[PDB]
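Below is one structure; the comments refer to it alone.
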Amino acid sequence: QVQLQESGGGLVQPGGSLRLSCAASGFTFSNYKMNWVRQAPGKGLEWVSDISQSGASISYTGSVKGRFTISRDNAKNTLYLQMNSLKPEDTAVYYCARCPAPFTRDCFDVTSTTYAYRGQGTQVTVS
Amino acid sequence: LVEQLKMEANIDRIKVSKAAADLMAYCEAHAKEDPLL
Amino acid sequence: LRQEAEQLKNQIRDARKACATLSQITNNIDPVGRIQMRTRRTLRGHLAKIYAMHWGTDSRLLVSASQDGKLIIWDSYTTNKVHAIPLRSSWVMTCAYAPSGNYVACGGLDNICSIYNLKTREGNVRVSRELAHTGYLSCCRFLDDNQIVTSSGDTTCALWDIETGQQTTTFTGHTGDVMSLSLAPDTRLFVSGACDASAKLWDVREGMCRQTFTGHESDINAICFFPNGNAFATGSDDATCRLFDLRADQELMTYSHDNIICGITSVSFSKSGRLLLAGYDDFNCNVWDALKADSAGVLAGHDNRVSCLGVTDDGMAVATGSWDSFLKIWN
Amino acid sequence: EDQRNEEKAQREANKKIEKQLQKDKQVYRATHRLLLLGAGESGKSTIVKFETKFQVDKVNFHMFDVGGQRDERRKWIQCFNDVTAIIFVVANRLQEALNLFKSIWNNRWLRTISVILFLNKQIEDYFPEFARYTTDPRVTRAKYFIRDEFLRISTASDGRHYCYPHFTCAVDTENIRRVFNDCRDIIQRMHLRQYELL
Amino acid sequence: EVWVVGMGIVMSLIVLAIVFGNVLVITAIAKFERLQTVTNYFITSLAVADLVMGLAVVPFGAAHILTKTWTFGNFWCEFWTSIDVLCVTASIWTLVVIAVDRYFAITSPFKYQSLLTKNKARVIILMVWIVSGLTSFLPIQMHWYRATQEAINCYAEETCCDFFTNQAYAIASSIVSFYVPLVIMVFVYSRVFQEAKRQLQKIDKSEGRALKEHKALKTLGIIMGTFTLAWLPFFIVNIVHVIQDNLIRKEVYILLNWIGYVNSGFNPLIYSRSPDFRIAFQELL
Ligand SMILES: COc1ccc(C[C@@H](C)NC[C@H](O)c2ccc(O)c(NC=O)c2)cc1
C-alpha cells in the first residue's frame, strides 16, 4: 500500500510562512516525479508546483512564481513546499499528488476525483 | 470502506508454509504433462 | 471515521504480516535451465496495430483484433483467414472467444460490447446482440455461450446476460480504472485488476469483494490466473510481476530485474504453471520461473511492442500479437 | 482421401479474403485519422465540419472525438499513436491546458505526432511575466503571449513534430482548409526528415 | 616490375568493395522482414545491379587489362560486352526511378502512399530491366553495333577484346543510358530542393528560438554530384570519340571505365543512410 500524508498548515495572517511536508512510503521515492496541488474551497482543482525526479527541473504556476520553493528529499522520503508571503486568495486544501508512471516526463494527475496517489491534504487559509 | 475492511479481515488466512507447498507440488506433478518445459 | 478506517487497516496489516517468500522454501529444487523457441508460423495478415487475441479453446483457432476495423478468425495449423469480421467501432481494445468455439466478443472506445455469431446458417456473419456503460470497455470474457463478464474504464465490472441483454449482477468499489480480468478454471470467482494497484478479487454469484489486495506501486496493465486456482500473477507499470496468492491475502514473490525499466502489457502462465510469460515494452517477451525467479530465455522477436499474449489450453504454442500488425506463434 | 476436400474448402476462403483485404487496404491507406482532445469543439467540428468524416479535394478524414469519454486520460490516449495530427481546440484555466499539452508532447507513445493547435479564444494577475515580454495591442499582447508560451513549450523537446498554432473565432467558414493545407505539411515533413533532405 | 603488380591490388580492392558493400544490402533486406517495403525493393534492385557488376564484369575487365587480350574466346566476349552495358543502364535507371519516387512522394504527399503499391512496384522494376535489356542485350546479339572500318583486322577476325561501335549505336546508347536519366534526375532534384527550401523557411516563420539551410544541400551533393561527376565524363568521351576520332586514347577510355565502375560501389554507402539500415547493419557480421 502507498501512503501519502501531509503536515503543517493552519491559519496565518498575510505575509506569513508555512512549510508543508509529505510522508511518502510504500514505493521507491527516488524515481517518481512529484507535485503539489491545491483545491480552493468552492472551486475545482488547480495546479501550484511540480518537480523533476532529481530536484533539477522545478516549475511553478503563474501567480506563484518566486514566492514559494519546492524541494524533494530522495533519502528521507519527503516533499517540502516552503510557502512565503501569502495572499488573500491562497486559502485551499493542499494535496501531495504524484504522477502515474516511473521514469516519466509527463503528468495526468489533476483530476476531478478518483486518483489513488493523492493524499488526504491538509488545510491552509489566510485571515 | 470500513465495513469492507472488517468483512475482509474477519476471514481465514492459511500459512505460507502450507500454501507454497501446494503451489510447488502442483507444478512438480504437472511438469510431466507440460510439453513446453 | 477515517481514524477508525486507519485502525481497521492497521489490524488487517498486522494480521497479514503475522500470517507471513517461496524462495526460502524452494531454494534447492532443480532449476529448468536455458530454453528458447522460434517463430513456427508468422500470421502476417493485419494492417494496423494488433491490440488483443483470445487464443481459442480448440487449441487450434484464434481471434485477433486490431484497430484497422477488422476481426480476423485466424488458424494456427495452416495459417488461413477462416473469417474476416468487420466492425463498426473502428477501435478494439479486446476480443473474446467462447469456450465452445461458438461466439466472439469485441468493443472498445465506443463503450459498447458486441457479439458476432460465426456458426450461422444464412451466410454473412452478423452482430447478434450489441449490449450497453459510460466509458471504454477494456476486456471481455465468456463463462458459457451467453454470459460475459466485461471490465470497463467506468470502474465497474458488470456481469451481463446476452439473453434480453441485462446486467444480472453489477460490481463496483474500485475508484479507478479496471484494466484486465481473468477467470478461474472452475469458473466460480475471478480477480479483476485495476488502476489503483488494487487486484481486488470478486465472487461471481453474490456480487461483492471477498479478499482484496494492494501491493503494487503503479497501475495494473494485465492479470492472469494460476492453472489450478489457488494463485494468480499480476503485472504493473513498474516492470514488475508479482506472484500474489488468494489463500493467504498477500504475495509470495516479486519478479524484478534491475536491468529493465518499462511496463508489463500482458501475462499468462504455462500449463504446469512453471514458466511465467510476460509481454514487456522494450519489444521482448521474457520468461520467468515459477518459484525460482530469473529471466531464463528472452523471446525477442517483435519490433514495436507486445500488446497481448496467450497460451493454448494444453500448453502448446504461445502467440504474441504486437503493435506492427504481425502475430507470431511461438512453440 | 476424403480429407482432400476441406483443403480446397479452406483455401477458397483464404483466396477470397486475400482478395477482399487487398481492396479494403486501398481505402484504409487513403483516409487519414485525427483527434479532437483538449476540449469538445462545438465550433470547429459540429458547425464547420464517435467518428465525424468529411472530405476536401477527394481525400477523407476520420475526425474522431473523445467528448463522451472520461477524465483520466492515461489509458485511452496511448492507443492513438498512429494518427497523423492531434487537433487541439483550446480557449486557473490556461495552465491546465498547458500542463495537458506538455504531457501530450513528452509522452512516450504520442511522441512523434504533430500537434495542430487552435486558439478558439480570439490575465496579468495570473501571469506576472506579461510585463517583461514584448513581441491596439490590448489584444495582440495577450494573443501572441499565449501563443509564445505554447510554442516555448513546443520547441524544447528532436524535430520530428511541430506545433502549428492558428487562430479562429469568427463563423469559421474556411476552418477546414486550415486543417487540410496544414495536414499536407505534416506528410511533406515526415518524408523530408526521413530522406535526410531537410 | 610494378606495372603488373599495382593493378593487381588497386583493381582488386575495388572488386572487394563492390562485392562486400552490397551483400550487406541484400542480406539486411532479405532477412529482417521489416525493410521489405515499396521503397526498399528499389534499393535491392540497385544492390543486385551492382553485385552483378562486381562479380561478372570487373574481375574479368581487370584480367583483360593484365593480359591485354581475351582468353575465354568469342561466345564469352560477345556476352560480357552485352552484360556490362546492361548492368550500367540498369544501375542508372534504378537511380532515376528512385528519384521520380522521391519527387512524387514530396510534391504529392496524399497520393504516394495510396497510388503506388507493393504490387505496382514490380511492374516498374521489370520494366526497367526491360528498357535496359532491349537496348543493351539484343542490339548486340542481332549485331546492330558491328561498326560497319578498322576493327576487321582483329575484332571480328579472332581473339581481340575491343569495343567498336558505330555512329548510330554509340549515340542512341548514350541518349538512352545517360541523357534521359540526367535530365530527369536534374528536373526532379530541382523541384525537390525548391520544397526543402520552403519547409525550412516556414519553420523559421514561427519557431527557431546558411547554418542549417545547408543540410538540404550537402545531401543533394552526396546523392546527385557523386553520380553526375562519376558518369558524365565517360558519357561525354563516348560522344566525342564518335563525332571526332583519334583524339582520345584507350589509356583514357579505360580510366573512365573505372572512374565509372565505382559509382556502383558508392551506392550502398549513399542510399543505405537511414537509421533503420544503420541499425540493421550490426547484427549481420
Ligand atoms: C577497348 O577496351 C575496352 C574493354 C572493355 C570495355 C567495356 C565497355 C564495353 N563498357 C561500356 C560501358 O559500360 C557502357 C555503358 C553504357 C553504354 O551505353 C555504353 N555504350 C557504348 O557504346 C557503354 C570498354 C573498352
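Quick note on labels: first sequence line is chain A, next is B, and so on, each numbered from 1. Numbering of ligands and ligand atoms starts at 1, following listing order. Note that these values count all heavy atoms, side chains included, but never hydrogens, waters or copies made by symmetry.
- Modeled at ligand 1 is a drug that PDB records call formoterol.
- Bound to formoterol with the largest number of contacts is the chain that the PDB entry calls Beta2 adrenergic receptor.
- Those other chains that come under 4.0 Å from formoterol, heavy atoms only, are E.
- Source organism of chain E in the entry: Homo sapiens.
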